[PDB]
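Naming convention: chains lettered A, B, ... in sequence-line order (proteins, then strands); numbering from 1 in each chain. All ligand and atom numbering here is 1-based and tracks the order in the structure.
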2 protein chains.
Amino acid sequence: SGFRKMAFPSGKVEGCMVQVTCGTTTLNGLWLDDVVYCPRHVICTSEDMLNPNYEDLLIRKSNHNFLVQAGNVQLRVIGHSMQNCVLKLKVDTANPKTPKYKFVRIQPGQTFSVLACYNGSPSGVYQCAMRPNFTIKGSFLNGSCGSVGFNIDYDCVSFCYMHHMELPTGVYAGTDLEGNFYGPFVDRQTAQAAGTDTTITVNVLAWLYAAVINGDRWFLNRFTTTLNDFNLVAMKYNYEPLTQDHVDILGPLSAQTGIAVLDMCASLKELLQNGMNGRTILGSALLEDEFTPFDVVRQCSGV
Amino acid sequence: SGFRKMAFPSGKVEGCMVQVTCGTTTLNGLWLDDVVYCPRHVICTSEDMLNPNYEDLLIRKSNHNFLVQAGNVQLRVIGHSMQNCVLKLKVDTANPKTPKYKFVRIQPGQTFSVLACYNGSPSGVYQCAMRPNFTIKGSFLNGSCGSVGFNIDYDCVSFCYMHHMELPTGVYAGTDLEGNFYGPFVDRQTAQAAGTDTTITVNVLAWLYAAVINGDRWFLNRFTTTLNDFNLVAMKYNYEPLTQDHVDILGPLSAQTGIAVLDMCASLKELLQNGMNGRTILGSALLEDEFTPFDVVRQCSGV
Ligand SMILES: *C(=N)[C@H](C[C@@H]1CCNC1=O)NC(=O)[C@@H]1[C@H]2[C@@H](CN1C(=O)[C@@H](NC(=O)C(F)(F)F)C(C)(C)C)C2(C)C
Ligand SMILES: *C(=N)[C@H](C[C@@H]1CCNC1=O)NC(=O)[C@@H]1[C@H]2[C@@H](CN1C(=O)[C@@H](NC(=O)C(F)(F)F)C(C)(C)C)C2(C)C
């Protein structure tokens with residue numbers, strides 16, 4: 001037993017990390033096949049950031065205004081197409097190291113691994129979750145712009161996230177790789193509301209299931225409950241309501257623990273009402289909600 | 001702002017992960033240049049594990065009793081030397097992918113990244129700390145045997161850890177790459193005492209320094225203290241005593257925060273005495289002690 005936050009191996013993604021410079025500004029891009037993706041705001045001076053017009057800005061740019069470095073390798077840019085908030089750059093060479101990939105738009109509650117770069121170089125990797133309000137709570141400092149998040153699918157890298165901007169709050173926003181923001185955000189330096197966050201209920205249950213499996217079980221109740229019961233609790237404590245589908249996804253855990261979901265939903269109810277009273281679950285002393293049921297299953301079998 | 005547990009990029013290490021089979025038992029090895037390292041207990045049946053004689057066991061083995069798979073590549077073994085608890089295997093090919101490396105024995109309190117494998121394949125990466133009692137509190141399931149931990153040094157992979165065994169408790173023990181256990185442990189399936197753990201005080205301070213830097217500062221005291229004062233507190237709450245050297249290492253943080261160490265040692269003293277009263281520091285609601293001062297500095301500058 002023992003259970004920590006764990007990220008996919010990053011090697012496969014390290015191979016695609018390039019630096020992209022365009023005047024002053026210089027950030028990280030993702031170079032796949034013969035295309036290189038990055039946040040479109042590379043084309044700004046920090047003066048433009050205040051209220052850009054990305055077309056009128058972009059219009060005064062030619063391939064040659066774009067430096068793309070891969071370690072010590074240079075790529076001639078030969079084409080440049082803005083796609084929403086992402087910039088695409090056609091280049092002479094196709095990345096040798098391009099792995100099998102897709103682009104995907106993930107959903108609130110879903111986790112991914114993130115590789116944080118600084119000027120086309122990986123410094124570190126961590127796992128995180130898209131919040132219900134389409135933000136994340138990670139660790140990104142200047143130059144980390146254009147860092148990416150992804151899941152790995154045996155062989156296949158599903159890319160879900162490109163990092164753009166921090167919110168006054170210390171939470172992050174960013175796009176899918178088609179360049180559509182996750183959330184109601186825009187690439188402009190103006191007051192922008194995060195919006196009220198909720199707790200990812202399905203995950204929390206997942207986490208408890210993980211607990212039971214590792215030995216930590218003191219919180220196992222004497223009761224049960226129905227759905228409506230518990231949802232109507234959840235509401236109060238800003239938990240996301242639990243559908244049938246959340247139950248079905250948990251079933252695999254029902255199975256391994258031989259614990260019906262609703263008996264766990266009824267352990268949660270109490271913890272929610274009674275607090276945790278100083279004791280620890282899996283070491284943590286609050287309710288971790290950034291492991292999916294899928295996550296727990298990867299790590300409580302052996303993938 | 002925002003600050004999470006973050007692991008070095010693993011690519012460089014992924015290239016060295018091989019599977020090693022020897023009869024029944026099959027676990028992960030590390031293949032560097034023309035040598036392959038793994039826990040010596042591969043040579044056991046689970047019957048031997050009860051009380052092995054590793055020489056008399058090893059003596060009945062020939063190179064050919066050893067299957068070494070790298071994805072779908074086979075290595076002829078041509079030499080086999082037990083070195084304490086690790087096994088070394090000479091092989092025809094030198095790993096093409098061998099990066100710059102050293103082997104190092106780290107010290108209580110020091111962190112590293114860990115890449116967890118299953119049958120010569122990386123499933124995941126996480127960061128962790130060697131506890132004062134030479135254990136770790138990670139996430140290792142069967143087949144993860146021979147997984148490794150390491151720091152990366154711009155270009156250079158310092159290997160510090162090879163995983164051997166779990167303790168009834170759900171904490172792990174394992175060797176340096178010379179094959180000497182960290183701690184008073186042996187590769188045998190018998191009752192073995194973890195020993196009393198302490199909290200890594202220097203790190204905790206480091207963590208607070210990280211807090212202040214990210215905005216979280218409610219815990220900033222009205223007082224100060226001397227060393228003896230605080231150490232004599234630490235004792236009670238099972239904290240490691242703080243040397244001058246711990247102060248010197250923290251100084252860089254003193255500098256960036258313009259907060260004298262002892263003013264922080266005096267914020268800690270109170271938190272220790274007063275508890276945390278439900279509020280959160282950097283989200284966590286207890287005292288994280290698994291980031292080094294070095295760690296905080298990597299992430300609170302931009303390496
Ligand atoms: C580059 N990585 C950076 C993101 C953050 C700076 C500090 N740490 C980071 O990760 N990108 C930007 O500079 C980013 C985007 C918009 C401004 N911006 C911000 O992060 C700002 N935030 C906003 O303007 C927001 F809309 F989110 F409120 C700020 C004020 C620096 C936090 C542009 C420059 C295009
Ligand atoms: C292989 N990875 C495994 C380690 C742990 C099994 C479950 N999760 C793990 O990470 N290696 C072993 O089987 C390991 C070493 C010794 C037994 N052993 C154990 O982990 C056992 N523990 C002990 O015997 C200990 F001394 F630590 F108390 C146990 C009972 C499975 C927890 C050998 C087989 C050589």
**Message:** So what's the drug over at ligand 2?
**Reply:** nirmatrelvir (bound form)
**Chief chain touching nirmatrelvir (bound form, ligand 2), naming from UniProt** = 3C-like proteinase nsp5
**Request:** Enumerate the other chains with heavy atoms less than 4.0 Å from nirmatrelvir (bound form, ligand 2).
**Result:** B
**Prompt:** Which of the UniProt active-site residues in chain B lies nearest nirmatrelvir (bound form, ligand 2), and what minimal heavy-atom distance separates them, to the nearest angstrom?
**Reply:** B:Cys145, 2 Å
**Asked** In the deposited model, where does any covalent bond from nirmatrelvir (bound form, ligand 2) land (residue and atom)?
**Response** B:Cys145 SG
**Request:** Find other ligands or ions closer than 4.0 Å to nirmatrelvir (bound form, ligand 2).
**Result:** none
**Item:** Deposit source organism: chain B
**Value:** Severe acute respiratory syndrome coronavirus 2
**Prompt:** By UniProt annotation, which domain of chain B makes up most of the contact surface with nirmatrelvir (bound form, ligand 2)?
**Reply:** Peptidase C30
**Request:** State which residues lie within 4.0 Å of nirmatrelvir (bound form, ligand 2), judged on heavy atoms.
**Result:** B:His41, B:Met49, B:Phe140, B:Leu141, B:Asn142, B:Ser144, B:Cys145, B:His163, B:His164, B:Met165, B:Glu166, B:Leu167, B:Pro168, B:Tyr172, B:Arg188, B:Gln189, B:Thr190, B:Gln192
